[PDB]
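Entry featuring paracetamol.
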Amino acid sequence: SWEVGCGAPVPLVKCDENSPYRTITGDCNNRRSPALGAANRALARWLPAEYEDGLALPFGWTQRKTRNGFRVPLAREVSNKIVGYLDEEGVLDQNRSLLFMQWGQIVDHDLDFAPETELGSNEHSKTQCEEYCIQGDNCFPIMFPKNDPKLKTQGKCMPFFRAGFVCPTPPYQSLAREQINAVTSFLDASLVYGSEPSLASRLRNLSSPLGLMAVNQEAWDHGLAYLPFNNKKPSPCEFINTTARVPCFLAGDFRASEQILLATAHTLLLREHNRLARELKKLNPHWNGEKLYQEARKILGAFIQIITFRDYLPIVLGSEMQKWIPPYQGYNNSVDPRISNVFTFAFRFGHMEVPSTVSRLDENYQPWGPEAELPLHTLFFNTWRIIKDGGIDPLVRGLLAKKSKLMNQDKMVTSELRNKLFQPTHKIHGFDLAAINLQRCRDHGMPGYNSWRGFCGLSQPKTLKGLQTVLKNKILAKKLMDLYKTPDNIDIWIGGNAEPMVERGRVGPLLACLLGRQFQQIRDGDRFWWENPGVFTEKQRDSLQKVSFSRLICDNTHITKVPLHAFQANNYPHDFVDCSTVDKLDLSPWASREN
Ligand code: HEM
Ligand SMILES: *[C@@H]1O[C@H](CO)[C@@H](O[C@@H]2O[C@H](CO)[C@@H](O[C@H]3O[C@H](CO)[C@@H](O)[C@H](O)[C@@H]3O)[C@H](O)[C@H]2NC(C)=O)[C@H](O)[C@H]1NC(C)=O
Ligand SMILES: *[C@@H]1O[C@H](CO)[C@@H](O[C@@H]2O[C@H](CO)[C@@H](O)[C@H](O)[C@H]2NC(C)=O)[C@H](O)[C@H]1NC(C)=O
Ligand SMILES: *[C@@H]1O[C@H](CO)[C@@H](O)[C@H](O)[C@H]1NC(C)=O
Ligand SMILES: *[C@@H]1O[C@H](CO)[C@@H](O)[C@H](O)[C@H]1NC(C)=O
Ligand SMILES: CC(=O)Nc1ccc(O)cc1
Ligand SMILES: [Ca+2]
């Protein structure tokens, strides 16, 4: 029982032992088990998968088959009855900058990516799912319910294609289906450098011995760099404006261009790497290219790790931070550093923090131009608003001065995402991220809400009155019972996000526990954790201790007025200071005298 491993996908396993740098694929991090945490391997299962047929079919596939004796409600109905809301007033988080939401997506894209299966190169089946809404194989359409407005203007469904899974790609059946994580489980800046050697290399500027990352040769941000373009067709960034004809960017991670602020954040990171390669050159003229690239890579990965664990997680978890992530004790080679399947859903809480508009601010932090504020849906895969309309400085100001959307039980996901999401190769700004999250949760064979409450050592409500007490909300509990007919069937994504927020944090107790464990594990289980003895020098470590997101902005834009604490709500000019009164990153301890 339980033979140890299917392993047709990741075959090659060769580990240079001495190495001072992480591999791109994440392999060799764990010396006892070298493939743990590498990209392109199955997501970890913290609990056995739950499928309608116990093997691969998701719940909601066969009409007559129930879950625990009940039909599961359509993803879109749960979306319409619980997730939507009209009034965008008073929905803003008075105490989290918009940078808060953005950093979450960034970290998230470093950690996991379960892309759709691909049997659609020169195919009809791409359209057979779009055109006629016929379920079968990897096509698992999100049907609209009886009273849905999209029925009137969009057809019968919203297309959806099941997520990639390991050994095969169309058929297989003996063990439960396990989805693939295409990025490294380590918080290693794989989103800047890539998780594949093919991409990692392409991203590099291999024309000179400076260990720099390739930059855009066709457009400049007033002297500063832009991410190179991804010359590939069909490009969705060109699709949203065929006049501007501006391609999507090429980053270590596929999704970089999905929305303009992520693209922005990716730009800052790329610049910081290069800035780091240049200062290291000055101090170490002898270091070759590779060394420069790697030493810069290594520094940027630490940066991402510090900001995430010192600044970000404490304000996501609040009071629960300590219960799950106690002070670092060092590298424990016994810990599973893989990202769990459920984490990829639990981290989607960030979806309720996305606001309906985005702004561009000038040097006085006032409306940049006559259309400074734009609706969120006009920015999906929009790279021209950056290239042909002000570079990233105006947007980075918005990220600092604007607020994230506070999650709210009566106002969960803004319609910009819930009704107007754009998906590549599909042609309308008419998709629903909430519905997709739900369908996806079933596609991954996720256990119900209570299995996870049980997993986290929390009560498992079984009645209306039961759920009200946990959700601390009668009306929401009723709507959920009416739809699910048992809390045992509530999809973990929505059940987890419906819980009230723990003191000082921005997620409920279930999620705090799920997020808490995962982050504790990617930290304790990482051999290259920045604070782990032997990775950096004692002196380099005191220099790193000084990074701030503020500093990153000062060093990589033309902004000189920034707050001290980037993730909290900050107003200009009061909460802002001059970049000069801000700790820089002293790179002296990287100088290497050996003569
Ligand atoms: C405007 C901002 C955002 C947009 C437009 C967006 C859109 C999307 C879309 C289209 C997907 C894939 C759906 C699927 O195929 O299952 C996705 C997935 C996801 N999002 Fe977002 N998202 C945004 C922000 C965020 C934020 C702020 C966070 C975290 C705090 C986040 C966390 C995730 C996670 C974990 C996934 C699952 C990734 C995987 O496949 O492993 N997202 N998002
Ligand atoms: C698609 O992208 C087009 C290319 O940028 C964009 O057109 C550009 O955007 C506006 C639209 O008129 C113009 O900017 C405005 O502001 C400047 C201030 O300097 C003034 O010249 C005018 O008031 C002007 O309207 C750009 O001039 C314009 N450029 C071109 C070549 O058309 C479109 O608006 C975008 N279309 C969509 C559907 O997104
Ligand atoms: C790779 O780096 C090289 C060397 O820095 C780049 O070539 C230079 O680009 C500058 C602009 O910064 C131009 O003035 C010169 O043509 C080059 N200068 C030097 C000193 O070499 C090149 O653009 C980079 N290539 C890519 C694809 O990013
Ligand atoms: C805002 O959040 C921060 C934590 O990021 C905390 O120090 C503070 O108590 C909050 N401020 C207000 C005014 O609510
Ligand atoms: C190392 O990890 C294992 C599994 O998580 C745990 O049982 C053990 O207590 C850990 N030891 C230390 C010193 O962290
Ligand atoms: C680019 C793309 O495939 N879409 C996309 C997927 C996930 C996500 O979090 C943001 C965007
Ligand atoms: Ca990673």
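Index from 1, following the sequence. Determination method: X-ray crystallography, 2.4 Å. Whatever order the structure lists them in is the order used to number ligands and atoms, beginning at 1. Atom set for the values below is all heavy atoms of this structure, side chains included, hydrogens, waters and symmetry mates excluded.
- For paracetamol, the full set of ligands or chains is ligand 6.
- The largest share of close contacts with paracetamol comes from the chain named in the PDB entry as Lactoperoxidase.
- The entry models no covalent bond from paracetamol to a chain.
- Taking only non-hydrogen atoms, the option from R255, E116, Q423, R348 nearest to atom 7 (C) of paracetamol is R255.
- For paracetamol and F254, the ligand atoms under 4.0 Å from any heavy atom of the residue are 3 (O).
- The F381 neighbourhood of paracetamol comprises atoms 1 (C), 2 (C), 4 (N), with distances under 4.0 Å to a heavy atom of that residue.
- According to the entry, the source organism of chain A is Bos taurus.
- Closest UniProt active-site residue, chain A versus paracetamol, heavy-atom distance to 1 Å: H109, 3 Å.
- Nearest to atom 10 (C) of paracetamol among the protein's heavy atoms is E258 CG, 3.4 Å.
- Residue-level proximity to paracetamol for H109 is carried by the side chain, the only part with a heavy atom below 4.0 angstrom.
- A heavy atom under 4.0 Å from paracetamol is present in the following residues that UniProt lists as binding heme b in chain A: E258.
- Heavy atoms under 4.0 Å from paracetamol belong to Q105, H109, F254, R255, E258, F381.
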Please tabulate, one line per pair, the protein nitrogen or oxygen atoms found under 3.5 angstrom from a nitrogen or oxygen of paracetamol, with distances to 0.1 Å, or say none if there are no such pairs.
| from | atom 1 | to | atom 2 | distance (Å) |
| --- | --- | --- | --- | --- |
| paracetamol | 9 (O) | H109 | NE2 | 2.7 |

